[PDB]
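Proteins get letters first, then strands, A, B, ... in listed order; numbering begins at 1 in each. For ligands, and for the atoms within them, numbers begin at 1 and follow the listed sequence. For this deposited structure, the header notes the method as X-ray crystallography, 2.3 Å. The basis for the numbers below is simple: all heavy atoms, side chains too, and nothing from hydrogens, waters or symmetry mates.
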There are 2 protein chains.
Amino acid sequence: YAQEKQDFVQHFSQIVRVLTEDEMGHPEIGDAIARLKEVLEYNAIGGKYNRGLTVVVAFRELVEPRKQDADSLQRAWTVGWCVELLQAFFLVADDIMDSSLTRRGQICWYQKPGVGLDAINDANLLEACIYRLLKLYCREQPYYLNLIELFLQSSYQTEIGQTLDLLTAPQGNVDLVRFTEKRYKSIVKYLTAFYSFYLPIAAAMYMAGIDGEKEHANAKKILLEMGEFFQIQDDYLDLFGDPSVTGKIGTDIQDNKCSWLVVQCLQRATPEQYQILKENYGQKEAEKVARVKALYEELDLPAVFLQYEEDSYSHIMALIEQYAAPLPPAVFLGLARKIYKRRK
Amino acid sequence: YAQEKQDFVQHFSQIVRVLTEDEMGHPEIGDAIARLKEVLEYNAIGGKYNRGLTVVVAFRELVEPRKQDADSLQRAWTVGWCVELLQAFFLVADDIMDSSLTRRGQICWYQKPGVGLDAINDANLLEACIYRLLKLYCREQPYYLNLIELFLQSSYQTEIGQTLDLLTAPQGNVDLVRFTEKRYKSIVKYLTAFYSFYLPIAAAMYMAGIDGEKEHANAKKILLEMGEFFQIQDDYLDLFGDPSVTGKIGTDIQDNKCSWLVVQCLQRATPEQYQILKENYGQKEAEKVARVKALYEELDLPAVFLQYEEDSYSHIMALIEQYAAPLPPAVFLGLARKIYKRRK
Ligand SMILES: O=P(O)(O)C(O)(Cc1cccnc1)P(=O)(O)O
Ligand SMILES: O=P(O)(O)C(O)(Cc1cccnc1)P(=O)(O)O
Ligand SMILES: C=C(C)CCOP(=O)(O)OP(=O)(O)O
Ligand SMILES: C=C(C)CCOP(=O)(O)OP(=O)(O)O
Ligand SMILES: [Mg+2]
Ligand SMILES: [Mg+2]
Ligand SMILES: [Mg+2]
Ligand SMILES: [Mg+2]
Ligand SMILES: [Mg+2]
Ligand SMILES: [Mg+2]
């Protein structure tokens, strides 16, 4: 797996080179292009590259090796990097809105001295780079428009998910009544499940020439369920994770977020425990945040998570057995293995 | 002209209706859709609608009236509203980054209590709505991909212009040496000239089936020059404009912006006057901002602007005479008339 990763990261230098080549033809925007490189180098590198690697691995498993030529394989890891750019755009913006401190083992881009809210445009430039690369490498391809629409839809989906997340998590207002299982499943479906799990497999499918409605609908049933689990896992790691491993500091309690943990807490809270949560949740005070963590540990939520993860993996495996065909089960199995029991 | 405007604004209620119809099929995202309507109602309404109206007026002048059917005309004002959505996205984001107080006669969306930096996602949703409308009304059209790429390119262009603007205007740092005419022309070309003047005429050209490289290149020569003047006019109105008319408070001096006014000031400043500008520019202090305004008025920059506007209009008119053909000169003349001597 570490060999798959290294080949993918080795292509980033050319991705930057092609995206910052504009300085030759237009020396006037030289500084802007130099800032884009700085934004690319900081915000697209450091992660696990699960989405980008999924595009590359799913492409090799869906396309016949006699068809996988040098150009065809370059297009596959360029689209992989396009998904990594979509990730970069989403995270730079989300770290501002969530008032987060760290990302991928370093300070958040907006928290850097000399950046600040300029990071909003930087996030937008990262998004702009997807369509630049799609045009430079896939314009003459039959799946060109299908990939453009798939990335556009992925953006709208996450942004609607982001609207739901932000409306359920108001700063200064107690929203315990909206923290339900039905609300949670609606948020994470749009917010994470589509771009993190459906988008990479669907992009590799369109590139393989699998554009069928039924085929895409079947992959979606598995992948949207995989995405729900991945977000539940991220919600657990925000509180019970190790920041040296995760590369980020948790803010869900301070930010009044509709975390899977608070949904589970409210399902098992006594009237007394509900007031402890009402009085201490969604506030900046360290002592208040510590009080909520103590209640989660008291309701044995880390073990509730361990049981969920076991039942969830068995459900996703049952979904692979039901809907994988005619695609190789390894397509969905490889991604499932890379996220199950994850600590990063 | 006021009759052209009223018909265009009357179509906004249907634009909202089609974009917020998702609540029927998906009641789970109801609140998110309700927030999108609130974002659309606040941020896409209030302006002069020059870009949206340009798409509609240029379409009727380029397409034969026997071909202008009910569906064909609906597609024209939908693409007009798509340009107004691109404007909304840019302004919501720019008002955060510029730390502006008002927009279109009301408080900035991000300055609204309960909104704040959530406005970043709201800006992104406005951008998402362009491609939603392009898909719902122009997917079966021969110019579909051409319009998608034209809006994508318009975004990258403005965002690169925005990178240049923000890098030349650092908070806390004296950047008088970079405030040159060559730097100014580079910023506003990418930042404003492409999306505000080229994008509306080019979209109406593609819809009329005029996709020729030479035809688009010729319109670009006129329109990019028109855009340079429009930004110069906006830079003048930031200081010498009336906020009841403009609907916005100026921040260029406080924000250390490479304004056309500071470029002209530095070209006419004595060594003594240069130090007055160096000591008082780019700071929040009201007295410091007032000192810079006094120097501009002392160098007679409002009259320097009046002479520029006269020479600029004659240059753009000469460009219409050179490059309008085979397009009707009214296409470029109508837009020129709507921005020349502007106070809004
Ligand atoms: O990495 P983070 O900040 O923990 C997160 O997962 C980031 C994110 C951004 C956009 C879409 N989905 C997740 P969040 O939702 O704020 O918990
Ligand atoms: O409306 P504003 O804020 O005066 C402006 O024109 C807004 C704007 C946003 C995006 C592109 N071009 C202009 P700016 O450049 O900040 O002076
Ligand atoms: C969808 C959510 C959970 C955001 C972060 O995802 P990752 O955990 O995949 O972050 P990176 O690997 O890209 O750094
Ligand atoms: C390109 C710049 C100068 C931003 C504002 O343009 P407008 O003056 O056209 O603003 P609205 O009419 O859309 O409100
Ligand atoms: Mg976050
Ligand atoms: Mg978030
Ligand atoms: Mg999280
Ligand atoms: Mg501004
Ligand atoms: Mg600005
Ligand atoms: Mg201005």
Practice task
List the drug name recorded for ligand 2.
Solution key: risedronate
Practice task
Please name the chain that forms the largest contact set with risedronate (ligand 2), as given in UniProt.
Solution key: Farnesyl pyrophosphate synthase
Practice task
Report the chain letters of other chains having a non-hydrogen atom under 4.0 Å from risedronate (ligand 2).
Solution key: B
Practice task
Do me a favour and list the nearest non-hydrogen protein atom to atom 1 (O) of risedronate (ligand 2) with residue, atom name and distance?
Solution key: B:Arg103 NH1, 2.5 Å
Practice task
Tell me which UniProt Mg(2+)-binding residues in chain B have a heavy atom less than 4.0 Å from risedronate (ligand 2).
Solution key: B:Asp94, B:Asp98
Problem - Part of B:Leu191 with heavy atoms under 4.0 Å of risedronate (ligand 2), whether side chain, backbone, both or neither - result: both
Handout entry: Proximity winner for atom 2 (P) of risedronate (ligand 2), if only heavy atoms of B:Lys248, B:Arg104, B:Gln157 are counted
Key = B:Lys248
Handout entry: Entry organism field for chain B
Key = Homo sapiens
Problem - Proximal candidate to atom 12 (N) of risedronate (ligand 2) [heavy atom criterion; set B:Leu91, B:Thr192, B:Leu166] - result: B:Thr192
Exercise for the section: List the residues forming the binding site of risedronate (ligand 2), heavy atoms under 4.0 Å. Expected result: B:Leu91, B:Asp94, B:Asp98, B:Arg103, B:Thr158, B:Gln162, B:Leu191, B:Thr192, B:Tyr195, B:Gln231, B:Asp234, B:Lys248
